[PDB]
**Student:** 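After the structure tokens below, expect a handful of questions from me.
Per chain, numbering begins at 1; letters A, B, ... match sequence-line order. Readers should note that the entry appears only in part, and the reported contacts come from within that part. For ligands, and for the atoms within them, numbers begin at 1 and follow the listed sequence. Just the heavy atoms: all of them, side chains too, but no hydrogens, waters or symmetry mates, feed the values below.
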Amino acid sequence: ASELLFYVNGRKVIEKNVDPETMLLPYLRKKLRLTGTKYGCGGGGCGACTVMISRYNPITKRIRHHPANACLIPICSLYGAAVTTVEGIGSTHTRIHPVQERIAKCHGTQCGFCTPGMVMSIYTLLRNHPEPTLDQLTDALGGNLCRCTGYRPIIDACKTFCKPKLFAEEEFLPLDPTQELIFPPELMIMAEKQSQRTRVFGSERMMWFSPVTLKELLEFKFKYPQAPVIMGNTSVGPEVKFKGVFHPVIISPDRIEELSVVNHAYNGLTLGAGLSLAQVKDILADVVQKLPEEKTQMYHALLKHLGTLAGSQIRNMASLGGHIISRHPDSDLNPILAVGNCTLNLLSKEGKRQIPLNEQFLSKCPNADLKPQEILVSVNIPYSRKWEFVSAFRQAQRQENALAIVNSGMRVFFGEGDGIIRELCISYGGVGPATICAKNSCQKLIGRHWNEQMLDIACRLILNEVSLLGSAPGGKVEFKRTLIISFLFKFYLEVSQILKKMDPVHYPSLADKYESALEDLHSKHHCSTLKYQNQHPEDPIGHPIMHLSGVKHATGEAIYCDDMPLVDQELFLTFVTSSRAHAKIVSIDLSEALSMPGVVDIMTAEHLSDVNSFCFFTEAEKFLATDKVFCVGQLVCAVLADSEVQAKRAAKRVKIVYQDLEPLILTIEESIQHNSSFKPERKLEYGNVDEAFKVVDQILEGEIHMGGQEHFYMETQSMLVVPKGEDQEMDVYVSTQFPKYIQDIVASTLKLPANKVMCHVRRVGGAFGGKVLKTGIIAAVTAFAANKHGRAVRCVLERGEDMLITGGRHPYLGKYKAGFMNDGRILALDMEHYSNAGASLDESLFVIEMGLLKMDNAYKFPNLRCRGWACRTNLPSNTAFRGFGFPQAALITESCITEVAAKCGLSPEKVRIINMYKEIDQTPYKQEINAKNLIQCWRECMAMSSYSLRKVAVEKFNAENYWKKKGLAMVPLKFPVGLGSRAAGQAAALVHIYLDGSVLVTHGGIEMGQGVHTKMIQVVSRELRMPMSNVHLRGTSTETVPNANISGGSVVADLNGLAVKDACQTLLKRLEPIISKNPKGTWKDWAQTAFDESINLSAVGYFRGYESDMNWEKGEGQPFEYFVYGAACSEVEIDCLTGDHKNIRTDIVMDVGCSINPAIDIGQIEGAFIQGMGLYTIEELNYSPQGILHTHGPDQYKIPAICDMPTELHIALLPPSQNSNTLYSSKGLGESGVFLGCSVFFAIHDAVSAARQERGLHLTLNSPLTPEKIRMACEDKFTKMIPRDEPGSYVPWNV
Amino acid sequence: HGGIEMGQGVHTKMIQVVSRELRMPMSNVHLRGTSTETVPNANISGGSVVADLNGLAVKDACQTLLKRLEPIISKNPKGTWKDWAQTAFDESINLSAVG
Amino acid sequence: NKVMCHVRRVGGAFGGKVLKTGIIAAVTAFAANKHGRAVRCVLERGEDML
Amino acid sequence: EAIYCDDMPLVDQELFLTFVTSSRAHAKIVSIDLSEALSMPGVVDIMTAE
Ligand SMILES: Cc1cc2nc3c(=O)[nH]c(=O)nc-3n(C[C@H](O)[C@H](O)[C@H](O)COP(=O)(O)OP(=O)(O)OC[C@H]3O[C@@H](n4cnc5c(N)ncnc54)[C@H](O)[C@@H]3O)c2cc1C
Ligand SMILES: O=C(c1ccc(OCCN2CCCCC2)cc1)c1c(-c2ccc(O)cc2)sc2cc(O)ccc12
Ligand SMILES: O=C(c1ccc(OCCN2CCCCC2)cc1)c1c(-c2ccc(O)cc2)sc2cc(O)ccc12
Ligand SMILES: Nc1nc2c(c(=O)[nH]1)N[C@H]1C(S)=C(S)[C@@H](COP(=O)(O)O)O[C@H]1N2
Ligand SMILES: Nc1nc2c(c(=O)[nH]1)N[C@H]1C(S)=C(S)[C@@H](COP(=O)(O)O)O[C@H]1N2
Ligand code: MOS
Ligand code: MOS
Ligand code: FES
Ligand code: FES
């Protein structure tokens, strides 16, 4: 009946009869009402829930601070400890901590959802290293993810703690050592008492025991043999959350000294099972410094793989003993330990026992495993002998914080006087259910020498022993087979080199071209430069004004939808989704779930009666599935319960029986094959392509595939629906891009006029087009439940169900036939576009239309035919995305240009200049354009980036390196901006002036992090001639501005700015006579005089929209208002033996017109570029042949992290030009920079061609260009040597 | 509007005004309340003139909207307010007015 | 522009819900801001008449 | 079903404010003693003019 006592932000927290299942993250937000700490993914991978844990050790008299992810911490493990959140280090009503002030003022926030995690990771680092290096700060952020900023401004804020810019660094608060938080004195007293008592907590579902003595821990291990021993909960935690595991009894000890031991012996090193991985990293890093290389072989290999293991938070939570026992097949440490003669020190009531850490232990043979009543105390890792060498290798989707596809540990021992292999141990991870060893191959290699024929024999032996079925889980089978022998080759080169160093007489030397295979791709030197431009001083237009919510982002005070306080008696709604891609729902059983605790209601399609459908565009479609399902993740049931936990528990016991249906369509080609119904065609024609193909020198046929993309907004789908209690009024608070649409679908579902339903949006934590259609579906179903039961209803999706429900960017297939001259002119181009639409074709026709109107990019194709189709599949329906078809259509065009370049013997850059638009030219849709800035962006990027010089240096590197290659590429940009009609571009605003002079402004646009609200206050400040501090904005609401269009299409700030300007001018006109009589007066004087003279101080602003038109039958029109121009150059280096690659440098020039806010505009270029970079390289969605999205292990989705950012990044804004049509001659940058990411794609493509051309192979690389695709294209003796399975003889993991 | 409902039925009288001026049944109109966030600088609800003066402001906003919509009303006199409102949107005519 | 007042309906006033109402609101708002909490104030009939 | 001001639902963690009023028609406030009231259950704050 113990009490749980710990501290949060200096305040004491006591809980009586605490539920042991309580986790820290929901406890902070709901019970303590501290909503700064966010939910991001719930698996410990994104860092949005980063907090600081502080403990006091009474034996050593020292206070330790360590970061942690609150989503994995059970609060029962916090007894006597101190938590610190973002709110605990500062706020706007106390003091702003320097970390908060700088990340905000350096423009390190956009949507702000990731900021509290970034702050806590930086703050915790500074509490441990007050005078740090940049490497220490970037390592601390390795497990912190951002979708908006591109990480550059956050590194800038990190740099200021180390020793024409966008921030005044000299005005920052210095780091005050007297202001830092004090460890709660009471916790120090409790630790001094050194209690021996075992703490006990419990509920009806779980028993929790926390022994504090070794004797008690052994007693509970004996009485509850099957109970897990929780340390950091980073293996058990994710398994109970995502795999339905449940433990009725938990043993979680508290700082047992015997498990924290660190013994420096004569023969080796003994590390306790309770040490965290971060502590082991530090212990080993100290040992390798004070001991000679001869003995520290095992410790260097372990240090290598501890550097890339997850992030700083997980490393500070996870234990060494937990790592060994959990026996993950993808473990990075267990393959190294398996080859190092390590032994495990076990303990129980019976006594002590020592077992080897071998292959049988890692395979969980009960003969070589722990006994049920045994614990692991410590592990012994021996010193290495002379002539003993150990190496570790790994390859994953991303350099850091990603589970390995294959890893390995290898050890070899030579005889002093023979050079003969005496011992050899090789183990691999990620190639089976457990870590395996090649004990048979190794034993056969015993007695040989280290030379060519040993390596060739070893390869064939290894491949036979460590075999993989073509159906092996995780997929990437041919990649895994190649990596297995590629690592062996690297180990061969490593050992061959040190032997030649130690024994020059008996060994040959490495070939010069082979030596860089030993150097890994690594860099932490993140450099960058920015270039922009330079009216009264009061006028903020053109100034780098910080995001209005920047500081509130950094303090956790920004309210997102789920941060809203608990509404009285609100319920929670969760969905049961489809587990089949195309099947018949034969029956649904709700009997069990309905009877479960807290369940209020469960709704199927028949409970929604006639409001289960809604006409979004051309046809009415279901909210909930009826008799059939047409993709996984389709909504089927909606569970309504008193609490979120009760809702998810009941939803799991809803029972649905399926009967699969043919056909099962998953790919575009399957969709074309199985389709025979009429499909609406979209077509562009310019010139005469049939005539032109008879004059060209050459003809070329090619095709490229391009995968999709998850939005990965850091804030998942979130909404709160509150009925008023009168006249069926409904208030809908939802994270959406389109409040008008939420209002329509909610009112329709409730059979109400629109004046009864209002939608309010203050801010959105990222959207990128993925918070529109299905957001309304969920909002309509949630509102139906709220009205039915007269209760507020909240609905927030977890990351997993969010990715299954929402859908992502349209995958593409592009087929082209190109007729070109021998010098590069493409006189004829016959192009075909196919989009994978998913189960619904709602927004797939619009992206096809935009793809055709944008596929020309920067090139004048005199004879061009372009056609496009949207293809239905049995996959989640795909939505809009940043770019709106341009990132797909332009890559397909750039792929065709790259293929034409190969035929002509010219670099792709030369073919680009010869096909580029002229200064005055014409588009395929017969719109006249001015491309002066297109050419200028190209020239300035060539000069700024020193392309020609670096081109020679890359060719020189590739001529001197065989297993490493560098690549270089530059692509141009023409991103046109414009909607389909004038009505689609209209915007409105509402401005009040109160009698004290202050101003309230609101408009129809939505803040997603792009800073539209900041830009509107900048407009009000100029038009009304008042400082921005006199203006304020609350949010966006259908109750104040009606009939607002979707926040999207790169025009949000442009059009709403014109509406805000319109209202400000109306007010200034009314006040001109009062202005004249008192020119020296304040706005308080002018407002009061206006009231006294009966002059209205409220005005509606309105803009009718740009004139835009497109006649799709004729294929002509004036659809676009202006064009964003740009150029991007990127350089990379690839590892031909593994597929790894490093982004070395990127240079970007952008035509932005006159930037209203260069800080925000540059931040939009950086974020778009990084988002496109992930689209073309590392972001990959894996589906099974049954249509199931794979999300565990190496199938986890990876967005770019800090390690993926280019080490060098130069961005320059083109000098301004006049554009009297747009607001202040500005241009909308939001979507343009995404395509610039493919400069990395074609830089990798360049490097792959260099290796292929040198190896004599005479290339279509699909997107995303993953390490799997890079490695397999670099064909060598290993690619040819691997076994291959007959296609169709096995069911693959992926398609 | 700026007036306060304290039992005298001002809100009832305002929707009566909207019903006349816009030629629509009162069930097509709705009012939620009074807020400084929607109507600023409103005088006290007192002096026997609350319905008088706010009625003239509501009448002013209705006439501004009916002015904007007269060309659309002319071409489709038999249409509903749903038809007229959507056509106004399609022709980029503002449907919010301050009285 | 930082302070908004919302009124749906009043259960009778007859002039007696102006000046003193603002004083009570100003004092209540001071407490609410001082403690970061929402604050409710309702008067009983006796103290109301005083 | 008509919502008057006090009919609004309990908002999360809201407090309540009540007033101590004068019992004299014309006098001077010699002293105010809050020691007992401040220590009583639930009391968050007591505010005087200063
Ligand atoms: C986001 C994320 C990223 C990751 N990335 C990587 C990665 O890149 N590479 C990698 O190799 N791993 C990775 N991991 C896995 C991680 O290294 C392990 O989950 C961790 O080391 C397990 O230690 P723990 O203390 O969290 O164990 P727990 O989850 O607390 O326990 C796991 C198991 O160990 C048992 N156990 C623990 N201590 C003892 C003991 N003394 N005696 C007996 N049994 C014991 C428990 O009973 C339980 O069965 C990642 C995990 C996460 C969540
Ligand atoms: O016994 C040898 C050895 C034997 C013959 C060698 O000949 C080198 C090639 N030779 C050059 C002169 C003309 C004939 C060919 C070299 C090393 C040892 C080694 C070796 C290395 C590579 C290889 O492919 C085979 C063996 S390594 C070694 C270590 C020792 O302590 C003792 C002997 C050795
Ligand atoms: O902007 C639209 C939209 C606009 C007009 C439409 O017209 C449909 C035809 N209908 C005819 C009768 C009058 C009303 C319109 C459809 C969608 C988008 C949507 C919408 C808006 C309102 C609504 O009630 C339902 C759906 S959903 C959507 C997703 C996008 O990615 C882009 C635009 C959109
Ligand atoms: N931080 C952030 N930036 C963003 C987005 C977002 O969700 N978050 N959305 C992008 C998309 S899809 C569009 S269309 C534009 C919309 O705003 P704008 O028109 O003012 O650029 O912002 C872009 N930039
Ligand atoms: N039911 C009701 N009627 C009422 C009042 C009231 O509080 N309740 N106030 C009176 C007062 S003080 C005035 S000044 C007027 C204000 O509204 P009117 O201007 O529309 O008459 O309503 C009068 N009638
Ligand atoms: O245009 Mo951005 O909303 S897909
Ligand atoms: O005129 Mo009534 O507000 S006293
Ligand atoms: S790391 Fe916990 S929510 Fe992402
Ligand atoms: S600011 Fe980092 S996720 Fe948006």
**Student:** Identify the drug located at ligand 2.
**Tutor:**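 You're looking at raloxifene.
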**Student:** Tell me which chain touches raloxifene (ligand 2) most, using the name in UniProt.
**Tutor:**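 Main partner, per contacts: Aldehyde oxidase.
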**Student:** At a cut-off of 4.0 Å, which other chains have heavy atoms near raloxifene (ligand 2)?
**Tutor:**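 Other chains in heavy-atom contact: A.
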**Student:** Which residues and nucleotides contact raloxifene (ligand 2) at a heavy-atom distance below 4.0 Å?
**Tutor:**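 The heavy-atom contacts are A:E416, A:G417, A:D418, A:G419, A:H449, A:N451, A:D503, A:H506, A:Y507.
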**Student:** For the 3.5 Å polar cut-off, considering only N or O atoms, please tell me whether A:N451 and raloxifene (ligand 2) meet it.
**Tutor:**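 Yes, at least one N or O pair falls under 3.5 Å.
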**Student:** Could any protein non-hydrogen atom be found less than 4.0 Å from atom 26 (C) of raloxifene (ligand 2)?
**Tutor:**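 Within 4.0 Å of atom 26 (C) of raloxifene (ligand 2), protein heavy atoms are found.
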**Student:** Which residues that bind FAD according to UniProt in chain A have at least one heavy atom within 4.0 Å of raloxifene (ligand 2)?
**Tutor:**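 UniProt binders with a heavy atom in range: none.
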**Student:** Give the numbers and elements of all raloxifene (ligand 2) atoms closer than 4.0 Å to a heavy atom of A:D503.
**Tutor:**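 By the 4.0 Å cutoff, the relevant atoms are 29 (C).
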**Student:** Can you name the atoms of raloxifene (ligand 2), numbered from 1 with element, that are less than 4.0 Å from a heavy atom of A:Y507?
**Tutor:**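 In order of number, 21 (C), 27 (S).
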**Student:** What is the source organism the PDB records for chain A?
**Tutor:**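 Per the PDB, the source organism is Homo sapiens.
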